[PDB]
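In this structure, triclosan is found bound to Enoyl-[acyl-carrier-protein] reductase [NADH] FabI.
Below, read A as the first sequence line, B as the second, and so on, with proteins coming before strands; counting in each chain starts at 1. As a basis for the values below, the full set of heavy atoms in this structure was taken, side chains included, without hydrogen atoms, waters or symmetry mates. In each ligand, atom 1 is the first atom listed, and ligand 1 is the first ligand listed. For this deposited structure, the header notes the method as X-ray crystallography, 2.0 Å.
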There are 4 protein chains.
Amino acid sequence: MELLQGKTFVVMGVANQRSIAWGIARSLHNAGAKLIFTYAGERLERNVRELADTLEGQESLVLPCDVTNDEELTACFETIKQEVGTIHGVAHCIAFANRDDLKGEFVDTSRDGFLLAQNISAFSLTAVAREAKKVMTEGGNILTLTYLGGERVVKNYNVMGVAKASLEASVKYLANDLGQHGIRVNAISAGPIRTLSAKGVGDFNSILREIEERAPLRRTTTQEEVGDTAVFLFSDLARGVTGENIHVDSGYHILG
Amino acid sequence: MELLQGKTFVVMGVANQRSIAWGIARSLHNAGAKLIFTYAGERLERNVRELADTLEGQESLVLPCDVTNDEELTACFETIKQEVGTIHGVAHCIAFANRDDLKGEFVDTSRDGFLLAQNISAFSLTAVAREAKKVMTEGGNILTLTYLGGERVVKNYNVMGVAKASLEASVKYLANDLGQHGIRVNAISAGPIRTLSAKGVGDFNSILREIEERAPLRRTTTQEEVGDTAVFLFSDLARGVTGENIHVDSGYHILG
Amino acid sequence: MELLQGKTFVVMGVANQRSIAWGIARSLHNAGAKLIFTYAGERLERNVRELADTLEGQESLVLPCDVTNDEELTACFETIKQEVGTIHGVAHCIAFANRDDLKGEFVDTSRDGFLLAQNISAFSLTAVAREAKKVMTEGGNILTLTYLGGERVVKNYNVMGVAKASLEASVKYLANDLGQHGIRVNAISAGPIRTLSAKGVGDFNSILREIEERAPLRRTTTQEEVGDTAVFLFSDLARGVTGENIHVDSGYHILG
Amino acid sequence: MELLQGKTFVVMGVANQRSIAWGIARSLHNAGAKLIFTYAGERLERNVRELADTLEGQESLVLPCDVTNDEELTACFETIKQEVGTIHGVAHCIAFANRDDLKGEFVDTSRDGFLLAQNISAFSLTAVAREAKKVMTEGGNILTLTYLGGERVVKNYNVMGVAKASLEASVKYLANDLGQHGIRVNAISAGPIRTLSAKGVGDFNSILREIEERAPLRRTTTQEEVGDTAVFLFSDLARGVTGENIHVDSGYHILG
Ligand SMILES: NC(=O)c1ccc[n+]([C@@H]2O[C@H](COP(=O)([O-])OP(=O)(O)OC[C@H]3O[C@@H](n4cnc5c(N)ncnc54)[C@H](O)[C@@H]3O)[C@@H](O)[C@H]2O)c1
Ligand SMILES: NC(=O)c1ccc[n+]([C@@H]2O[C@H](COP(=O)([O-])OP(=O)(O)OC[C@H]3O[C@@H](n4cnc5c(N)ncnc54)[C@H](O)[C@@H]3O)[C@@H](O)[C@H]2O)c1
Ligand SMILES: NC(=O)c1ccc[n+]([C@@H]2O[C@H](COP(=O)([O-])OP(=O)(O)OC[C@H]3O[C@@H](n4cnc5c(N)ncnc54)[C@H](O)[C@@H]3O)[C@@H](O)[C@H]2O)c1
Ligand SMILES: NC(=O)c1ccc[n+]([C@@H]2O[C@H](COP(=O)([O-])OP(=O)(O)OC[C@H]3O[C@@H](n4cnc5c(N)ncnc54)[C@H](O)[C@@H]3O)[C@@H](O)[C@H]2O)c1
Ligand SMILES: Oc1cc(Cl)ccc1Oc1ccc(Cl)cc1Cl
Ligand SMILES: Oc1cc(Cl)ccc1Oc1ccc(Cl)cc1Cl
Ligand SMILES: Oc1cc(Cl)ccc1Oc1ccc(Cl)cc1Cl
Ligand SMILES: Oc1cc(Cl)ccc1Oc1ccc(Cl)cc1Cl
């Protein structure tokens with residue numbers, strides 16, 4: 001509860017209280033971290049500011065950052081650098097795909113939808129790392145969130161599965177790049193969690209019940225389980241760990 | 001010598017006599033197949049045509065097909081359908097990334113370069129499969145070519161490594177989609193081979209020397225070794241094999 | 001039907017007409033190979049000789065070979081050397097574990113049952129390779145059979161899953177050893193097939209139904225599909241392929 | 001710091017203060033854990049008793065446990081049960097192979113050397129878990145240590161690589177078994193560290209220099225980096241993590 005004392009992290013991707021990013025924010029806060037939040041656009045600004053305010057302590061900086069927009073991304077981290085001076089990591093909790101691509105067969109994925117999913121769900125990690133690198137003057141960790149669907153075929157995940165494969169490969173190439181600067185890059189592969197974006201995946205309740213039935217720990221995962229693993233990865237306990245993908249999924253990933 | 005007797009395959013991605021696609025074409029021809037060739041633009045028409053000419057026992061069908069162009073892709077396979085009625089598979093031997101992206105550090109990859117590499121090197125397999133599906137009425141195999149860099153970090157591969165991870169995930173999701181229609185989808189992961197596109201990968205002679213020194217078979221791969229593995233995957237011998245990635249790389253992939 | 005003309009292979013592990021080894025033998029024969037058969041003990045001798053006699057041509061050499069017995073393993077391959085002088089490959093189709101260890105929880109596996117499974121199902125590949133190397137003076141391929149349960153957790157497989165992990169790792173270390181001598185080592189990972197040994201695995205009809213319902217090709221594998229992939233791996237077509245594990249499982253391995 | 005307050009762990013495999021198990025013991029101690037130690041035989045008893053003394057005083061429970069000896073192993077955990085009643089985890093840091101089997105080509109591995117390596121380095125995890133299960137009534141975590149050589153071919157590791165493949169598969173099958181009882185099972189894959197047993201692996205200085213040059217973090221790993229990841233896996237922070245293999249190896253595992 002003082003593992004992250006004296007450290008500041010940027011948390012990207014809070015949309016509401018069910019967001020995995022908000023679970024991460026709570027765990028980081030509870031471990032003593034100061035937090036900077038970024039939100040996608042005006043629609044979500046008050047949700048994020050209100051949640052940030054429920055944390056006790058100094059008021060958290062809350063900034064707009066649409067990761068499809070290089071100008072805004074650059075400006076966002078320039079502001080951060082000037083206002084706080086040093087950060088020790090970034091939690092990248094961002095993905096998007098068109099729902100029409102998610103519903104159809106994968107072979108019917110639109111070109112524009114494929115590239116949009118790649119842009120937001122995979123390339124944005126690299127765009128973010130490029131700007132974050134400048135502010136992580138003492139090193140630290142960059143974290144992203146992935147899903148089993150990026151490693152193997154899971155139903156109704158389709159275009160997002162292929163985007164997560166890009167993301168997981170990006171984690172490795174970024175780790176190899178940034179390690180010499182003392183920056184680690186890792187992923188958490190979370191099991192299914194009911195979030196705002198989970199509605200894009202078909203019959204989510206069958207999926208949850210399947211986890212309960214078959215996963216080794218016989219229960220579904222929580223935002224807090226993901227956040228507590230994020231606490232480890234952002235801490236000095238994980239200083240030897242980079243380019244890794246830790247499954248926080250009740251062991252489901254081992255099943256064949 | 002007769003494994004592919006009576007079957008016709010579309011080979012995409014011949015550019016010159018060193019192209020892996022040309023090794024695949026020659027092997028398929030040696031196993032009794034008839035071949036159709038597509039070429040990327042006007043600058044390649046004559047060369048692809050000259051090579052296609054040297055296949056005895058058949059006349060040439062050689063068509064323009066820019067896989068970024070949906071109207072042309074659709075028209076190309078409609079022409080194929082009208083000319084031969086049924087094909088039994090497609091060899092997708094196509095990739096591209098900007099030189100400046102391949103030379104820099106991965107973290108400095110441009111957004112447009114990333115999406116361009118994804119479009120041409122990964123999404124195009126899906127775009128091709130969607131059209132090929134219409135002409136593969138007796139089932140068959142769709143093959144693509146990948147590289148170890150899509151699985152693990154290899155030097156000077158960067159944005160292409162991430163595009164190959166995307167391509168390999170696509171192979172799996174497409175296999176899952178098309179299998180019910182009797183269409184298999186597989187990759188060959190080739191070891192380094194001196195081709196036109198190898199010029200964009202830096203220090204290639206030393207990469208080859210590394211294979212020679214360290215690979216289990218103590219030698220570099222050839223276009224013909226890849227071609228002969230394609231013969232298998234396109235044949236009835238591989239009718240139980242789909243969603244697979246066969247390394248044709250002198251064993252190098254097993255090394256830690 | 002001439003891929004393997006002029007070549008001689010030792011097929012180990014035929015027990016009856018449903019044995020995967022017998023699928024492999026029929027495919028290799030149809031491809032022009034001469035064959036040598038080994039059998040586990042006196043109880044199987046009749047079956048194996050009867051099956052071998054159904055092959056057109058000169059009656060195949062048939063020899064006892066308990067792979068737990070180093071004296072007999074050595075004598076067997078010395079007899080092979082005196083009878084045919086040179087062989088071009090070996091199909092290792094051998095496994096065993098106590099049926100109590102397959103039933104109970106894996107954590108209740110007995111020490112002697114664990115070591116017995118390792119001895120027969122994993123180490124025997126290496127013991128066989130060491131003798132085969134003496135007779136494979138022109139190079140060739142050594143093949144073994146594995147199962148998805150060596151990679152991920154499959155129900156009831158337990159101690160055999162751990163032995164297959166050991167087997168798959170042995171394939172890689174042997175490939176690295178023997179490649180410099182022109183010897184390739186590969187595995188086929190077969191999907192579930194009703195054989196004599198499949199009686200040891202619980203609810204087998206249920207397993208086959210799941211494959212039929214969920215596998216990309218919507219059907220279960222056959223001994224012939226495995227045999228035809230073995231033809232590839234034993235042929236010159238696969239001369240660039242070593243340390244590989246080819247799944248012949250209707251694509252099931254890709255599912256998450 | 002208080003992550004493990006009020007919890008007791010069994011540390012197996014301390015030989016001297018360079019032992020990875022000793023790095024683990026120190027980290028657990030610093031996180032507030034109470035520790036029980038086991039030693040292999042009388043040759044190492046003094047080392048282990050004295051090191052245990054520095055952390056726990058002369059109170060400490062220090063017990064003989066040759067993991068090849070089922071009587072002694074059972075007696076060990078029976079003593080733990082009636083001395084402390086409940087434990088919350090076990091660190092299994094035990095491996096052995098004959099030095100001859102580590103130098104010769106893998107194909108020359110002796111049968112009894114192979115089974116010996118499997119017995120001590122892989123089956124012991126299962127035999128330990130079967131006893132630990134009885135005293136882990138509040139749940140917890142079982143940890144083992146593995147090496148990249150269990151996944152891919154690393155030079156001069158041979159029979160131990162195959163034993164680590166078995167160990168890693170055992171982690172998965174054990175996790176699937178014990179999860180329903182609230183017990184997690186995980187591995188740490190450590191990078192090369194100069195320990196007592198590292199002498200078994202040839203030209204170790206060369207291996208270390210390789211890591212320093214090429215690993216993403218450009219430095220070799222330490223016992224403390226491993227211990228601190230162990231603290232995470234034994235803590236409530238990792239309650240969603242089971243059947244996982246975390247590489248603590250400066251990122252080296254991502255490289256191809
Ligand atoms: N929910 C699950 O079961 C699950 C499982 C595994 C991984 N994940 C991953 O976790 C991450 C967070 O998703 P979630 O489930 O918490 O849902 P969510 O809807 O709460 O979070 C998605 C976030 O992405 C943001 N985003 C989308 N487009 C953006 C853009 N252009 N610029 C900036 N931000 C943008 C949204 O504003 C939102 O905050 C995603 O990467 C998701 O794929 C989720
Ligand atoms: N050369 C190697 O060492 C190696 C190793 C592994 C994989 N590969 C892969 O093999 C495949 C073939 O590459 P190669 O080495 O034979 O090189 P190459 O340059 O001969 O072939 C690449 C082909 O892609 C085509 N292409 C590019 N953009 C296209 C577009 N818009 N539409 C249609 N075609 C387009 C080019 O015209 C060319 O024919 C690629 O996927 C490559 O990544 C190559
Ligand atoms: N049947 C399947 O669905 C399936 C799937 C994947 C892999 N496999 C593997 O295929 C291989 C062949 O099994 P199968 O299904 O054909 O069954 P099977 O019972 O027909 O063959 C197993 C063979 O192993 C032999 N064997 C056992 N102990 C031996 C010893 N001490 N010395 C020599 N030979 C010995 C038996 O005599 C028999 O010939 C095994 O490795 C098995 O694990 C089977
Ligand atoms: N040193 C490294 O670079 C490295 C890297 C990755 C993994 N590992 C693994 O870490 C673990 C600890 O090894 P280490 O490097 O600390 O060396 P070490 O020599 O300090 O520890 C190995 C321990 O195994 C014990 N052991 C051997 N046979 C035993 C038996 N019959 N019963 C009980 N205990 C027995 C020894 O007594 C010793 O305490 C091993 O599993 C090793 O394979 C080591
Ligand atoms: O990756 C996810 C995986 C699961 Cl099981 C549930 C939700 C996920 O998150 C998303 C899914 C689809 C879209 Cl459009 C956007 C996001 Cl954030
Ligand atoms: O994938 C490849 C791998 C290697 Cl080792 C060599 C060449 C390869 O092929 C390409 C590399 C870069 C670009 Cl721009 C396009 C292609 Cl086709
Ligand atoms: O590996 C196998 C996998 C499957 Cl699905 C079915 C049978 C298999 O083969 C065996 C299973 C158990 C034992 Cl005792 C011995 C063998 Cl040969
Ligand atoms: O697994 C290891 C990996 C490395 Cl790089 C170094 C030492 C290791 O540990 C061992 C190696 C050989 C033997 Cl005989 C026993 C053990 Cl404990």
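One finds triclosan in this model at ligands 5, 6, 7 and 8. Other chains, heavy atom under 4.0 Å from triclosan (ligand 7): C. The N/O atoms of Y157(C), backbone and side chain alike, include one that comes under 3.5 Å of an N/O atom in triclosan (ligand 7). Contact annotation for atom 8 (C) of triclosan (ligand 7): protein absent (non-hydrogen atoms, distance under 4.0 Å).
In this structure, the protein non-hydrogen atom closest to atom 13 (C) of triclosan (ligand 7) is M160(C) CE, 3.6 Å. In terms of protein heavy-atom proximity, atom 10 (C) of triclosan (ligand 7) is closest to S197(C) CB, 3.6 Å.
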